S.K.: 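Opened a PDB file with prezalumab bound to ICOS ligand.
Residue numbers begin at 1 in each chain, while the letters A, B, ... track the order of the sequences. Method reported for this entry: X-ray crystallography, 3.2 Å. Just the heavy atoms: all of them, side chains too, but no hydrogens, waters or symmetry mates, feed the values below.
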Amino acid sequence: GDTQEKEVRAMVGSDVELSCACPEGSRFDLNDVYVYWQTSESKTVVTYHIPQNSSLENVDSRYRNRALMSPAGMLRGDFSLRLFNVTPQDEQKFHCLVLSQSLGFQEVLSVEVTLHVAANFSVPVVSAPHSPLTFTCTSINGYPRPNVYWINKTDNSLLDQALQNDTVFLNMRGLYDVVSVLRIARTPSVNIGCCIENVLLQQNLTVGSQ
Amino acid sequence: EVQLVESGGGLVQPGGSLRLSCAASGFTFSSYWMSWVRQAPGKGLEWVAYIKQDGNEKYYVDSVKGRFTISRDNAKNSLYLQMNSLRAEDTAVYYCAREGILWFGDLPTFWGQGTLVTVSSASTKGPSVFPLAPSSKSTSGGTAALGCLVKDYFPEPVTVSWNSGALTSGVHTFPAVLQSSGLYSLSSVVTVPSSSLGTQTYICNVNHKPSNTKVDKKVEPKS
Amino acid sequence: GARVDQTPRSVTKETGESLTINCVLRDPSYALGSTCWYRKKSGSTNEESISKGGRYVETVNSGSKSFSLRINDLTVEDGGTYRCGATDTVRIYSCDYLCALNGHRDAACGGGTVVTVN
Amino acid sequence: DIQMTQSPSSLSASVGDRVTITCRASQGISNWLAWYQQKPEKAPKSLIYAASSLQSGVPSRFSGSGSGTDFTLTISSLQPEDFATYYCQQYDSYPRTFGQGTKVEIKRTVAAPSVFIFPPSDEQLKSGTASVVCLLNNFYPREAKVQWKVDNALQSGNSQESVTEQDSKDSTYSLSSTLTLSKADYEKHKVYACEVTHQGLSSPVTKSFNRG
Ligand SMILES: *[C@@H]1O[C@H](CO)[C@@H](O[C@@H]2O[C@H](CO)[C@@H](O)[C@H](O)[C@H]2NC(C)=O)[C@H](O)[C@H]1NC(C)=O
Ligand SMILES: *[C@@H]1O[C@H](CO)[C@@H](O)[C@H](O)[C@H]1NC(C)=O
Ligand SMILES: *[C@@H]1O[C@H](CO)[C@@H](O)[C@H](O)[C@H]1NC(C)=O
Ligand SMILES: *[C@@H]1O[C@H](CO)[C@@H](O)[C@H](O)[C@H]1NC(C)=O
Ligand SMILES: *[C@@H]1O[C@H](CO)[C@@H](O)[C@H](O)[C@H]1NC(C)=O
Ligand SMILES: *[C@@H]1O[C@H](CO)[C@@H](O)[C@H](O)[C@H]1NC(C)=O
């Protein structure tokens, strides 16, 4: 049971802020406050501020110049961390810790920020090949893994998941692609579409078969 | 506030095992370095062992390597020290401590209260309380001395008060001595006015928790 | 994020006798999706993909969630460091970019295996 | 792996004097040194951290100093409550290591001891043992010699003595010397005496009693 727990949804390749802040007001001394941003599972040190001059280099090469706090923000009580170039490889829980020297080196703030990274898939491409009946659907560059649905545009219902063939790919750049091959018996005027849902973004994209 | 509570100490025979638990509260346990330091009676402070937040890196004393193990459970906010094949050299008071966070220590050490471990072939014995009765020999110029001799108990410690704590003036309780047999003995004495010898009843109360023994003794003068 | 652990870390084997490297995809990963093997030559510190089949034989147990590589008729310059890559119930296009994905929750390369043949 | 050398290991200073303790490290430390004070049978108390910054609740007469290898703890005006053992601990790198410790005694005027004696109890004799106690109260300095004579026969080896800490207000000691015998040895002889010699006494003092 921490002082605060938070989830942060962040886009790949963007700047994100993980908030560790008090109700702002000029009431913190840099020469007094000790701040530690550290990964929660691996316990490695992402960044930190102490009043004495620090050797640095303690930060592994992973976060060295991509994670930063604001000194003016610290003086206002804003110890938030700023990551600069998010990758699906940063999807982990973080932990912020604040101690005071005026106080008994006591914890003024301790928060856990679970960081969920996501990227939006491309608009699906649907093909209409045939057999004695076959549909293929393609989307790329999304995160995390996608769910795919085939929608009957006539009554806005969803076709059964057993009728579709799903295959998930992990490309370079660490994103996800998907191919879904749907097989259904012939009927007059197939009006259907391929829906691809990014669960974390709560976003679905859909294209119909003309 | 920051609190470190040691438990699991006491008395074990040579070659025995003992596990010390340290319950933490008042700070994010998972984020700090943890440590065990010890102090032998009358000797200096000697660090025992250190452990990093995750628990991969551990540091032990040469005197300790291969025999003790630090463990830590951040889920339950507790630190553990497992001792096996204990020797007499290990008899000491053990402090649980909270260290820094960074690789190069930054925060001053925060100390627990200590639990004490006694490794001796001797057994737990309740103390015997005898009166040092005030008389003509232990008086001078309006002042009389009387006392309480607490001998042959094991292991330490005992607590000695006078009149259930009311008398605190001119009370001297002497440090325990390790007798040749391996059992402890101490004396507590008080300097009172002469007039009190006849009118005021003096009780020394001695408590030995290791043997669960509370004793109240009437120190009557010899007239 | 996701992890694969290799055994053994360092082995020396007599010329003409097979060597076996084992790789496991630690839990809570669901199942194996694809398995890539690699080797670097001592000098250039660059890895190259090991073509499966033939002299290099791989055994995979889906229930065990583990895969192994067996080298046969060992040469002296077979030596170097060997890595193995795995993935959790997804597939990849090429083995080129697998180890390039560090800390990803669905891709991880093993620890390495240093081999010296005499 | 880092070594701390503390000097001196012991000292004596009168109240109001200035006291200085030095601590040297095996290798360079960057103000990452703490100073602790410990009173007998109590846990160590943090006095100073980060070379010279006082912890909350430390009188201002305590001063820290130093950088690199050489460090100094300075008591400006010593006070009768300052009798303790002081340690220096480095937390530059793990493992954190301590100094050997400096014991501090307080210098005061020579004070003679008041001497008393206590015979064995009837209960202890019922048990079959006899302990006689010699009590020396409120003296200075700590150096003093108690000698047991049974029928004017010197007793050695069958006695043990204990000394309390310096008193918090007058900085005087109290010593209890116990002469222990079997009940048989107690009843065989008749006169029991302890002879105290101290710097504050012009002549040696003898306290005796005859019984059993
Ligand atoms: C999509 O839903 C519509 C809803 O009506 C289906 O329409 C078919 O309509 C004819 C006559 O109107 C019925 O005899 C068929 O039985 C209906 N289909 C089904 C599956 O019951 C249309 O067929 C649906 N398309 C697909 C591909 O399932
Ligand atoms: C900076 O800090 C290091 C310790 O990390 C110390 O050795 C060095 O002397 C300091 N340099 C300064 C304050 O210029
Ligand atoms: C973001 O990080 C990835 C990680 O390899 C890198 O390939 C990409 O060039 C970076 N983009 C930037 C810094 O704009
Ligand atoms: C993908 O999701 C983002 C959410 O940041 C949204 O702004 C964008 O419109 C979506 N893609 C398309 C093609 O609309
Ligand atoms: C259906 O899924 C299976 C899963 O192994 C795949 O091998 C196959 O290519 C897919 N499509 C067809 C038409 O079987
Ligand atoms: C599509 O996204 C919406 C969220 O806007 C969600 O309610 C729905 O369950 C998703 N899936 C569909 C419509 O198949």
S.K.: Okay, which bits of the structure are prezalumab?
M.R.: chains B and D
S.K.: Any idea which other chains come under 4.5 Å from prezalumab (chains B and D), counting heavy atoms?
M.R.: A
S.K.: I'd love to know which parts of chain A are touched by prezalumab (chains B and D) - say, heavy atoms closer than 4.5 Å.
M.R.: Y34(A), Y36(A), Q38(A), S42(A), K43(A), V45(A), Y48(A), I50(A), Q52(A), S54(A), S55(A), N58(A), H95(A), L97(A), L99(A), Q101(A), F105(A), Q106(A), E107(A), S110(A)
S.K.: Which residues of prezalumab (chains B and D) have a heavy atom within 4.5 Å of any heavy atom of chain A?
M.R.: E1(B), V2(B), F27(B), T28(B), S30(B), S31(B), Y32(B), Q53(B), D54(B), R98(B), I101(B), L102(B), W103(B), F104(B), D106(B), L107(B), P108(B), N31(D), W32(D), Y49(D), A50(D)
S.K.: Could you tell me which UniProt domain of chain A does most of the contacting with prezalumab (chains B and D)?
M.R.: Ig-like V-type
S.K.: Quick check: what organism does the entry name for chain A?
M.R.: Homo sapiens
S.K.: Which name has the entry assigned to chain D?
M.R.: Prezalumab Fab Light chain
